[PDB]
Number of protein chains: 2
Amino acid sequence: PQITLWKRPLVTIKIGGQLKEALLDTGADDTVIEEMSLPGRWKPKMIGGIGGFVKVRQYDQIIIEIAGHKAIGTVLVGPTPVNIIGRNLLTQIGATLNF
Amino acid sequence: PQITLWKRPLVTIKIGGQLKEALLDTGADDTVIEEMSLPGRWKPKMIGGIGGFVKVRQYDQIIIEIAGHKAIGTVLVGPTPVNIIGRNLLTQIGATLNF
Ligand SMILES: CC(C)CN(C[C@@H](O)[C@H](Cc1ccccc1)NC(=O)O[C@H]1CCOC1)S(=O)(=O)c1ccc(N)cc1
């Protein structure tokens, strides 16, 4: 698909058996999802943006289905106001910015 | 151009005659620039990011060149980890996300 940016680029994802809406965000280095349980080991991380930093849990080797495409990578879980698909997974689905 | 996302999508912008680096950010509704002098009056705006809400200065109808493409629109000035080009100006330069 070709997604225009007149509105927020929101897509459905499936993660841990759950359907969520997420923003495709080229300015996010990594994917961060609202609080949920994920399998496996995690370690703490701080991520920062407008308004400062938030503490998240970093899970590796997580599979997400993004607008029907599967990708695997690191997912950060924490108190984000919006689910964000970041570059670490956008690359895997072949997403590019074009102008 | 086509910009892939293996690295941060950093481009050169020109604003006030000065070259700056900025991040193309589909997850940002608005464009946010580090502190600098811009002409004209400003009005208050609250924007929310991952860490919370913050007050910034809104300048309307500012001329900015982004990776060689001319835009004229709203620029917010405030404490930002990086200059961010948001959807309000990505749409003016015709940017789309493709996968
Ligand atoms: C600020 C950029 C450099 C980094 N952020 C991504 C941005 O796309 C961010 C995404 C977002 C949208 C809505 C609410 C909360 C966050 N939009 C954003 O702040 O919009 C503001 C700036 C002007 O318009 C409004 S991030 O969320 O802090 C972040 C940082 C690290 C990772 N791993 C994940 C995300």
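So that the names make sense, note that chain A is the first sequence line, chain B the second, and so on, each numbered from 1. Start at 1 and go down the list; that is how both ligands and their atoms are numbered. Method on record in the header is X-ray crystallography, 1.5 Å.
As for ligand 1, the drug there is amprenavir. Of the chains near amprenavir (ligand 1), the one making the most contacts is recorded in the PDB entry as Protease.
Chains touching amprenavir (ligand 1) with a heavy atom below 4.0 Å, listed by letter, come to A, B. Among protein heavy atoms, atom 20 (O) of amprenavir (ligand 1) sits closest to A28(B) CA, 3.6 Å. Judged by the shortest distance from any of its heavy atoms, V82(B) lies outside the 4.0 Å radius around the atoms of amprenavir (ligand 1). Among the atoms of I50(B), none of the N or O lies under 3.5 angstrom from an N or O of amprenavir (ligand 1).
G27(A) O, 3.5 Å is the protein heavy atom nearest to atom 4 (C) of amprenavir (ligand 1).
The nearest protein atom to atom 1 (C) of amprenavir (ligand 1), hydrogens excluded, is given as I84(B) CD1, 3.8 Å; this is a heavy-atom distance. Given atom 21 (C) of amprenavir (ligand 1), the protein heavy atom at minimum distance is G48(B) O, 3.5 Å. Close approach of amprenavir (ligand 1) to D29(B) (heavy-atom distance below 4.0 Å) involves ligand atoms 24 (O).
Checked by distance only, amprenavir (ligand 1) and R8(A) stay at 3.5 Å or farther apart across all their nitrogen or oxygen atoms. Of the polar atoms of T31(B), none of the N or O atoms is found under 3.5 Å from an N or O of amprenavir (ligand 1), judged by distance alone.
Less than 4.0 angstrom separates some heavy atom of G49(A) from each of these atoms of amprenavir (ligand 1): 28 (O). Using a non-hydrogen distance threshold of 4.0 Å, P81(A) registers as a contact of amprenavir (ligand 1).
The protein heavy-atom contact nearest to atom 6 (C) of amprenavir (ligand 1) is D25(A) OD2, 3.0 Å.
The 4.0 Å heavy-atom shell around amprenavir (ligand 1) contains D25(A), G27(A), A28(A), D30(A), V32(A), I47(A), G48(A), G49(A), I50(A), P81(A), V82(A), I84(A), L23(B), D25(B), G27(B), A28(B), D29(B), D30(B), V32(B), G48(B), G49(B), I50(B), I84(B).
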